*Asks:* 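My questions all concern the structure below.
Chains are lettered A, B, ... in the order of the sequence lines. Since chain A takes its numbers from the PDB entry, the residues it shows come out as 1-429. Going by the PDB entry, the residues shown for chain B are 1-440, listed in order. Chain C is numbered as in the PDB entry, which gives 22-51, 100-116, 142-432 for the residues shown. When a ligand or atom number is given, it counts from 1 through the structure's own listing order. Only heavy atoms go into these numbers, but all of them, side chains included; no hydrogens, no water, no symmetry mates.
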Amino acid sequence: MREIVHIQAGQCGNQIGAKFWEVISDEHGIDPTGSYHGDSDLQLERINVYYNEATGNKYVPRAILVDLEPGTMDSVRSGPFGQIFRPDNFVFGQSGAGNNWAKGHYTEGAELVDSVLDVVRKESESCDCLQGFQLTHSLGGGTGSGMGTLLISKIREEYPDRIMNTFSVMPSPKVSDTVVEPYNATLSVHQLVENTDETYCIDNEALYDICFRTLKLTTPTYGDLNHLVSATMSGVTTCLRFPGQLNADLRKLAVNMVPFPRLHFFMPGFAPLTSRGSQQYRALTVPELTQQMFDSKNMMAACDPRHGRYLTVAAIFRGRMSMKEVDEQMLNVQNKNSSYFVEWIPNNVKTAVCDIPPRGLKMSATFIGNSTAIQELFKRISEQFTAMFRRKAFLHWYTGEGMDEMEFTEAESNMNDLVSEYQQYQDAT
Amino acid sequence: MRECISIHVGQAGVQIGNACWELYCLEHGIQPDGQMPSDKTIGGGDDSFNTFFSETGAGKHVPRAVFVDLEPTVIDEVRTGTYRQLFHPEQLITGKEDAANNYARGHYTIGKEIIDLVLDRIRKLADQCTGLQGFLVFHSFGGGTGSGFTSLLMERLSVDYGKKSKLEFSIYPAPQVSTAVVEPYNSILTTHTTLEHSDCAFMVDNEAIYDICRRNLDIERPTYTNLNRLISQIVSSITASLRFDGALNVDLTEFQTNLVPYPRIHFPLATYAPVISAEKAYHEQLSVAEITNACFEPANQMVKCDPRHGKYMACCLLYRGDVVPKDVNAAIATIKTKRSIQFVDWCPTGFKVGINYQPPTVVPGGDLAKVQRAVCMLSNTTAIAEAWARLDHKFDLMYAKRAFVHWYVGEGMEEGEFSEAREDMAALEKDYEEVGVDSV
Amino acid sequence: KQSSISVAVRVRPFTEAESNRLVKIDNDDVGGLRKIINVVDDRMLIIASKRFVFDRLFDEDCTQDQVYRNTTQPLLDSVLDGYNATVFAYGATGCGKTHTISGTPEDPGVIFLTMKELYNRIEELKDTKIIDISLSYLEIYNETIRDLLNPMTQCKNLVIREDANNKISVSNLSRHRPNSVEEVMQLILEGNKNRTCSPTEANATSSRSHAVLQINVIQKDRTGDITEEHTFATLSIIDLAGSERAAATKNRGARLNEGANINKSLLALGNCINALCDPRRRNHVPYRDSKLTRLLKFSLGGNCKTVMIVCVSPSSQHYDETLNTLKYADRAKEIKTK
Ligand SMILES: CC(=O)O[C@H]1C(=O)[C@@]2(C)[C@H]([C@H](OC(=O)c3ccccc3)[C@]3(O)C[C@H](OC(=O)[C@H](O)[C@@H](NC(=O)c4ccccc4)c4ccccc4)C(C)=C1C3(C)C)[C@]1(OC(C)=O)CO[C@@H]1C[C@@H]2O
Ligand SMILES: Nc1nc2c(ncn2[C@@H]2O[C@H](COP(=O)(O)OP(=O)(O)OP(=O)(O)O)[C@@H](O)[C@H]2O)c(=O)[nH]1
Ligand SMILES: Nc1nc2c(ncn2[C@@H]2O[C@H](COP(=O)(O)OP(=O)(O)O)[C@@H](O)[C@H]2O)c(=O)[nH]1
Ligand SMILES: [Mg+2]
């Protein structure tokens, strides 16, 4: 009942997914070997959301791993939780995309997409009631963006009425390590705007800022960024797995947060993030959780909400707490910052509460904003796109694989349409 | 006999039902596992529990309840909780996604695949019933399930039974506080079922009870358990006359006869007077006059609306405990002497009084104090229209731009139905305004 | 100002059998022949229990000739002048949409008269201009385009590309150059044969896809010398599938989603039309929300005449459907006045 299929594509997606499965297995008390060693009957009650039974008491996560080079597969299989996955679910080619969207979408990925879809069908048919899918990838890369969007298109064609989620890692203006990020990002967004119901935008710059400043980490690695994204991913789908006072599945969040079919790009966040040294010098209460939640510097999307207006907000709390305090705090946030909320929605906050906090924390919270400010991100990419498209800086690599300039122009026009649509509601009215 | 069938729809309804059945089991001395040790210890044979419970050969008592939800979390909570052994195993769930907070999904798309089971179980319960009085339906306007599936269920019940009473206990959305974005749409969409099918709908909002808990009970951080316990106390006060002997009993039929003046005007407010903590239980007489005066304060109203901005059109006072009729008459005379409490000219009688000898019961671990006397006041007044108006405005602010409408029309709803529900609500508000004018 | 979107709503006349079997109740009381949808003015209809204002109200006696002469004749003048033109058709089941848009051989429909007068006009203008006509017929179904005249084409071929010169030009669409209205109707019937359909309720042939007919007229000089000035125009005839409530549906499944998509498409179209009529929302119009609105991106603005034939019925069996249709028509121009 309400069981989710998880798909991973590319290096970034595979790493985030490995960390996510580690976090979820720890939350549900699952051994690395796949056996159960919990200390509470509630963990086992709804374990079938993410896991499948196996005869010798074992639990196999319902994950599908995709790539075009076997290096990341070998790295994940040799990791601490490598043995947990099903060996058959590992799908991979031999010729990498090479940071080329066309190779990932048209030339190389078209061969592997059939096998990936067959594995997806095998996993989804055995499910009792399929809540929906959950992809993890990055739009600035190669096989990730292209093969991801191809899989989203195929699954949307095959499963039109199931919720789709993609935890995309957007490119950053400062922290960029691939020359052709604008082309890949634009071409992937052109598909994501059409074939998804949610898209939790994540940016490496924001995560680095959170690690440096909020957490006071001296030497962050990709493990910590994956840790934060994993915390968000676990927080979002908490109401399916555990009891609460205001349950809210993925579809409820989609209905509450998406006013129009195209505006489904969200800024996530995780509230209780503090350094180890500073833990004792502060309490753990709902008002300060909220204050950290709505802090403009705690967002993972690298967009300042102060430069826009919140179309909608969703807050998912976890732990024993009073509903009066939560409602009073959300009302205070809405009334105090009325300039950052749209006038034509009486209430911009969708609240949910779960009774099980995550392991060694008295209570935590997760934030899902949907604000106009995200358009600035696209604007940035669009600028870089035109800066490389008027002269055709690296276009021959893409046209060699069967693309055309008309597809690039279509993607740019679609992104501009999206930006204009977001800017429509930012103006006072 | 005097049976009543309880139905609970959605998370809010199911949790309110949990509180209600906790209170009922405490009232009648029934253990959580269904057995009543008093009959074995003393002999019994003269108790009154047929209103809610039904016996079996082995002495187990099963409640006359139907718990309905479109997702299994809350009902699985009940199935594995303290009262797992109490209910019949027919606690019905949809093994699929819930309505996800929209009327169209709950009413048209996914709510039609369980309605057959719900109606079959209601029919089976009614077949065991020989003196059925009415249906007590618990739901919430804001939720997709509590609106859509409640509408469908009440439509089917009106088609099937028709002549039997139907009472609603709903959680209306609050003015400012809210826990969802599309509450106004669902609340307006429930207007048709509330008007055409329900016989008397009692409305509640979380904000008013939060204020009551903050002020009276001295609870700074209240959760839904306290709200559910208070609503359970009110519901128990309503149905107390069907279970215990009293000086002036009040059954549901006469209740509606003297409460509802016109067919469309069946939306009374409800309140409970002696809401007081154990610390404040002392330092107070809590006489009949005191509690009766406390009923009429604007602060103690359980719906966030001002009674002073409207004329009272009917009132029913249900007393429990050590209450004498002469004291009640003196209290009502005192209330009529007051000037702020305005009554419509076409209702000279004004008040109805019922008295019961069973004092209120205290749930162990609950925050209400043990008292000798209590009174529950249900008042049909024109103030509630104001509440409708504010929610009405919210609907307009979201319907001018057709925000969130694509989700609703993607699940079988037509675009034109929204305006129809809006016009029905406008007509209802106009009727409530019209009845308040003095005669000429 | 004058605007470009006009609403003309027509009332279907009673059939003999329905009138005979439903007027008995009216005769006895004064059966459901209450004449619910009556007329009091050419631009106002208060006989629905409420007041609606429309650009044109077409009564029971209105036959096809005056229908054509009033609703769509200026569109031919506009398209021959060199500006796009569009005519929508909307009406629930049993509302006479097919009778009005198509008709029978005894009573020619709107398409027959429009094509006939277009052919006569180009015949008259042949002496000074060379004019040719290109016909295309496509279906929108579950947000996917299909070529009705050239079936077996994969759905992924037919896509929309935004031309730099304000043209859509859906790719891989079969094109035809008929020379007379007769073969135009033969092509239309060929396309309608390929139209997606399925039995619903007691009806066996309920259409469940939007249909679009595009007539591209290309003109050039004959008795003169010029370098490049053709300014070819487009006339669009759009048939919109009627809305539907799941409550009527019982089988669910693929019929559900299909129906749901139809509703979504209609909603999107309505918003676009409203967004075009209100001057305040001129900053952005939600063209991208559906395939149809994207296909008509440049065929609804102020520089192109758009009309909508709304077909209703006066019977009581379709009272709710007729009220919904009237409300949808009011969405285009919400001039709430009494
Ligand atoms: C004694 C004590 O307080 O220990 C804490 C701790 O010190 C703090 C600083 C923890 C700690 O987190 C971090 O320092 C951190 C570093 C990089 C990236 C992310 C976090 C902690 O590592 C994190 C860890 O959190 C958890 O166990 C959560 O359940 C978390 N799961 C994991 O971290 C985890 C990761 C891999 C394998 C197994 C468990 C989680 C969070 C959200 C949703 C699901 C699970 C805990 C208890 C602590 C330490 C260990 C120091 C914090 O935890 C989180 C996840 O926010 C950081 O701010 C909180 C506040 C805590 O006080
Ligand atoms: N008084 C009271 N109200 C509650 C309780 N739980 C939820 N609510 C109310 O329920 C309203 C929203 O309904 P939902 O939470 O969506 O529950 P639902 O009616 O089953 O709707 P779905 O969950 O979508 O099926 C909120 O505005 C709450 O005020 C409760 O325990 N007590
Ligand atoms: N959070 C996170 N981001 C990563 C990691 N590895 C790469 N990235 C990001 O992903 C982008 C490169 O995409 P890549 O993984 O190479 O795409 P692929 O080649 O198609 O798999 C860079 O901009 C990085 O910022 C990782 O381990 N964690
Ligand atoms: Mg629910």
*Asks:* Which drug does the model show at ligand 1?
*Replies:*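 It is the drug Taxol.
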*Asks:* Which chain is the chief contact partner of Taxol (ligand 1) here, given by its name in the PDB entry?
*Replies:*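 Largest number of contacts: Tubulin beta-2B chain.
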*Asks:* Counting heavy atoms under 4.0 Å, which other chains neighbour Taxol (ligand 1)?
*Replies:*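 Based on heavy atoms, that gives A.
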*Asks:* Return the organism named as the source of chain A in the deposit.
*Replies:*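 In the entry, the organism is Sus scrofa.
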*Asks:* By chain and residue number, what forms the binding site of Taxol (ligand 1) with heavy atoms closer than 4.0 Å?
*Replies:*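 Residues with a heavy atom in range: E22(A), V23(A), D26(A), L215(A), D224(A), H227(A), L228(A), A231(A), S234(A), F270(A), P272(A), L273(A), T274(A), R276(A), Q279(A), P358(A), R359(A), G360(A).
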